[PDB]
Engineer: 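Ampicillin (open form) + Metallo-beta-lactamase type 2, experimental structure. Questions below.
Numbering of residues begins at 1 and proceeds along the displayed sequence. Just the heavy atoms: all of them, side chains too, but no hydrogens, waters or symmetry mates, feed the values below. Note that ligands are numbered from 1 as they come in the structure, with each ligand's atoms numbered from 1 the same way. Looks like X-ray crystallography, 1.3 Å, at least that's what the header says.
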Amino acid sequence: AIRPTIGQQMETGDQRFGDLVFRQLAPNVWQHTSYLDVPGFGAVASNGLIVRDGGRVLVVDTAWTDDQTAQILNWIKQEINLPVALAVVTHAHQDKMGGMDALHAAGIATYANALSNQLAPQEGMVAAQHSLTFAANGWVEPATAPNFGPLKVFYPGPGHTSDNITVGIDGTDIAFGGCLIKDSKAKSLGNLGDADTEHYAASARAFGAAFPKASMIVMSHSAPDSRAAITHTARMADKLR
Ligand SMILES: CC1(C)S[C@H]([C@H](NC(=O)[C@H](N)c2ccccc2)C(=O)O)N[C@H]1C(=O)O
């Protein structure tokens, strides 16, 4: 088993595949988990999603690296055997966009916040091939997110980064907060180096209001949690201002 220094541990319901871990969350949704080995510190887990939508699959976030992201595509090929139509990546940091080149080599259409694509070169990332844009209330402009099936993309405002986006899975009670949301038992909001400490609390709450009936909150570095992940994150963020 993989025992990361940071990130959730393995429990019943987890499938080890190569260097990665997969967990079924719903009949059509799986969480992918990949691990960055930090020398002298140990492994840091990062989570994303895989969603089946009829005869195709949709991905949220890459793994940390190209090779790990290729392993995600191999797991999808083995376990689902349907083509990946597109991937949405949730901001320009390594845990979310480190594996773009693997997606592109596979011919998968990639989407990110226009701002994430603009920041990518400055963050040592490769931009997605398509840019999402957002309304004044945070909802994605639908013309920029064609054929997204159940993925409902919401920009909650600046928080963990200025470009962080979130994704609800329509037809389920699952919503994905990425690195913006930490779990209900977290001590810290994680890396605040690129964070907006003034607006973080409002952005966390806006995510909760965007998906008000999501009962399972998925996030980058903990196991899926209740809505208390959202409220606890917001309460921690209240202390930043
Ligand atoms: C788990 C993290 C504390 S690190 C990760 C991200 N950092 C990276 O992807 C870095 N490339 C990195 C550097 C050193 C060690 C691990 C990751 C960030 O800055 O938000 N997301 C952070 C977070 O979600 O709070």
Engineer: Checking contacts now, so for atom 7 (N) of ampicillin (open form), which I'm interested in, is there any protein heavy atom under 4.0 Å?
Structural biologist: no
Engineer: Would you mind checking which non-hydrogen protein atom is closest to atom 2 (C) of ampicillin (open form), with the distance to 0.1 Å?
Structural biologist: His221 NE2, 4.2 Å
Engineer: Would you check whether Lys182 reaches within less than 4.0 Å of ampicillin (open form), judged by its heavy atoms?
Structural biologist: yes
Engineer: Starting from atom 19 (O) of ampicillin (open form), what is the nearest protein heavy atom, named by residue and atom, and what distance separates them?
Structural biologist: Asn191 ND2, 2.9 Å
Engineer: Can you check whether a protein heavy atom sits less than 4.0 angstrom from atom 13 (C) of ampicillin (open form)?
Structural biologist: no
Engineer: Just to confirm my output: which protein heavy-atom neighbour is closest to atom 21 (N) of ampicillin (open form), and how far is it?
Structural biologist: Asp95 OD2, 3.2 Å
Engineer: Looking at atom 4 (S) of ampicillin (open form), is any protein heavy atom nearer than 4.0 Å to it?
Structural biologist: no
Engineer: I'm comparing ampicillin (open form) with the natural ligand. Which residues that UniProt lists as binding Zn(2+) in chain A have a heavy atom under 4.0 Å from the drug?
Structural biologist: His93, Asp95, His160, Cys179, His221
Engineer: Which residue and non-hydrogen atom of the protein lie closest to atom 15 (C) of ampicillin (open form), and at what distance in Å?
Structural biologist: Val38 CG2, 3.9 Å
Engineer: Between ampicillin (open form) and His91, is the shortest N or O to N or O distance under 3.5 Å?
Structural biologist: no
Engineer: List every atom of ampicillin (open form) that sits less than 4.0 Å from any heavy atom of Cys179, numbering the atoms from 1 in the order shown and giving each element.
Structural biologist: 24 (O)
Engineer: Please confirm whether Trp64 comes under 4.0 Å of ampicillin (open form), counting heavy atoms of the residue only.
Structural biologist: yes
Engineer: May I ask you to identify, for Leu36, whether its side chain, its backbone, both or neither come under 4.0 Å of ampicillin (open form) on a heavy-atom basis?
Structural biologist: side chain
Engineer: Report the nearest protein non-hydrogen atom to atom 10 (C) of ampicillin (open form): residue, atom name, distance rounded to 0.1 Å.
Structural biologist: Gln94 OE1, 3.9 Å
Engineer: Among all protein non-hydrogen atoms, which one is nearest to atom 18 (C) of ampicillin (open form), and what is the separation to 0.1 Å?
Structural biologist: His93 ND1, 3.3 Å
Engineer: Which residues that UniProt lists as binding substrate in chain A have a heavy atom under 4.0 Å from ampicillin (open form)?
Structural biologist: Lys182, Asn191
Engineer: Quick one: what's in the binding site of ampicillin (open form) at 4.0 Å, using heavy-atom distances?
Structural biologist: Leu36, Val38, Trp64, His93, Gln94, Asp95, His160, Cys179, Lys182, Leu189, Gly190, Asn191, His221
